[PDB]
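Structure first, commentary second.
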Amino acid sequence: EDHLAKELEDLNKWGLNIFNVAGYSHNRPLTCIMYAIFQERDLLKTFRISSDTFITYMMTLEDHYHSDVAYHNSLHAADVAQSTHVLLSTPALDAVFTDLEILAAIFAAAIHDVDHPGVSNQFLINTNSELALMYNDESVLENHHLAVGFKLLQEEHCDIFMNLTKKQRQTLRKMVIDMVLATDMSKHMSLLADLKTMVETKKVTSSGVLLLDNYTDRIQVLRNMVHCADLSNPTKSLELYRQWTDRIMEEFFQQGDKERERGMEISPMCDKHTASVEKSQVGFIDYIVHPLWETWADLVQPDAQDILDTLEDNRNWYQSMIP
Ligand SMILES: COc1ccc([C@]2(C#N)CC[C@@H](C(=O)O)CC2)cc1OC1CCCC1
Ligand SMILES: [Mg+2]
Ligand SMILES: [Zn+2]
């Protein structure tokens, strides 16, 4: 209450603590933060989005994330939206993004894992889930999260975009689909390779601000930005990172259990009887998170040096916790 306001003073900062805000908001981190983010950015005035209409949509959306899922609940969506909101304000990207694009990125982050069941794309495919069948085994969950988020905008009471242009609604729809689809981990290497190529030919106005010529280059940076926000736990303060690490291992171990019950092959990192939580996080930083953040940092330097320091430091805490 007074605690909520104290915590939201950190809204524009990486150091924001999303657990605390959930505790001070009747367990509505995502509504809480989306509302804070949208007032902070004047998005409601700019796009003539009624306040009531926005709250009802956000509340419904949060309710569609599942509370009995360890990691992929409304707290995570709120984290990615907040992380994303800070990254959009990085100095190197200053006057680069239209208000529509900014709106699309934060909306994308908000809905990006909605209705997630606490199991991977691979599991849904191997068990012949209705979702895998619906989606022909390709970005199964990701296609689903989009389908749900765009469905909920259909009833006029929740169409936060009622007042955009037709041409504006389409461009947003195109951008959001593109960004959520890019959170699919199977596409990570392809995305990281492309990010490295964009860094190679990077250009700036002279004031250390990137020159991103039309749609292609702009959506590529937004794709990677939301993907970075989604893989941002290990760049956050250690107290936060450990709670996030603990929640993701609870989700995985539950999957390992659901896998075992059914005689399926259990995947090593989902095996509670063999998986080292610590080695597991070190591998995650070495082979996935650091290579990505190292490249993001190159693109916006030196805006993300602090983050790389924290990362390299959290990496060592986990290393030092293994014999
Ligand atoms: C804080 O630790 C983690 C946080 C998020 C993730 C995910 C990845 N990559 C799991 C997969 C998820 C997805 O594709 O649905 C995206 C997020 C994975 C994490 O760690 C994994 C499991 C243990 C080490 C690697
Ligand atoms: Mg996801
Ligand atoms: Zn996610």
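Nothing fancy with the numbering, it's 1 onward along the sequence. Recorded method is X-ray crystallography, 2.2 Å. Whatever order the structure lists ligands and atoms in, that order sets their numbers, starting from 1.
In this structure, the drug found at ligand 1 is cilomilast. By contact count, the main macromolecule holding cilomilast here is known in UniProt as 3',5'-cyclic-AMP phosphodiesterase 4B.
Residues of chain A near cilomilast cluster mainly in the UniProt domain PDEase. The heavy atom nearest to atom 22 (C) of cilomilast, considering only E278, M249, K279, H145, is found in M249. The UniProt active-site residue of chain A nearest to cilomilast (heavy atoms, to 1 Å) is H72, 4 Å. Among protein heavy atoms, atom 14 (O) of cilomilast sits closest to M185 CG, 3.5 Å.
Among protein heavy atoms, atom 9 (N) of cilomilast sits closest to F284 CE1, 3.4 Å. In this structure, the list of other ligands and ions lying less than 4.0 Å from cilomilast reads ligand 2 (magnesium ion). Per UniProt's AMP-binding annotation of chain A, a non-hydrogen atom lies under 4.0 Å from cilomilast in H72, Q281, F284.
Atom 24 (C) of cilomilast is flagged as protein-proximal [any protein heavy atom, distance under 4.0 Å]. Regarding atom 5 (C) of cilomilast, its nearest protein heavy-atom neighbour is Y71 OH, 3.7 Å. Under the 4.0 Å distance rule, the nearest protein heavy atom to atom 18 (C) of cilomilast falls inside the cut-off. For cilomilast, the polar-atom distance check against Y241 finds no nitrogen or oxygen pair separated by under 3.5 Å. Here the heavy atom of the protein found nearest to atom 20 (O) of cilomilast is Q281 NE2, 3.4 Å.
Binding site of cilomilast at 4.0 Å, heavy atoms: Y71, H72, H116, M185, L231, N233, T245, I248, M249, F252, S280, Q281, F284.
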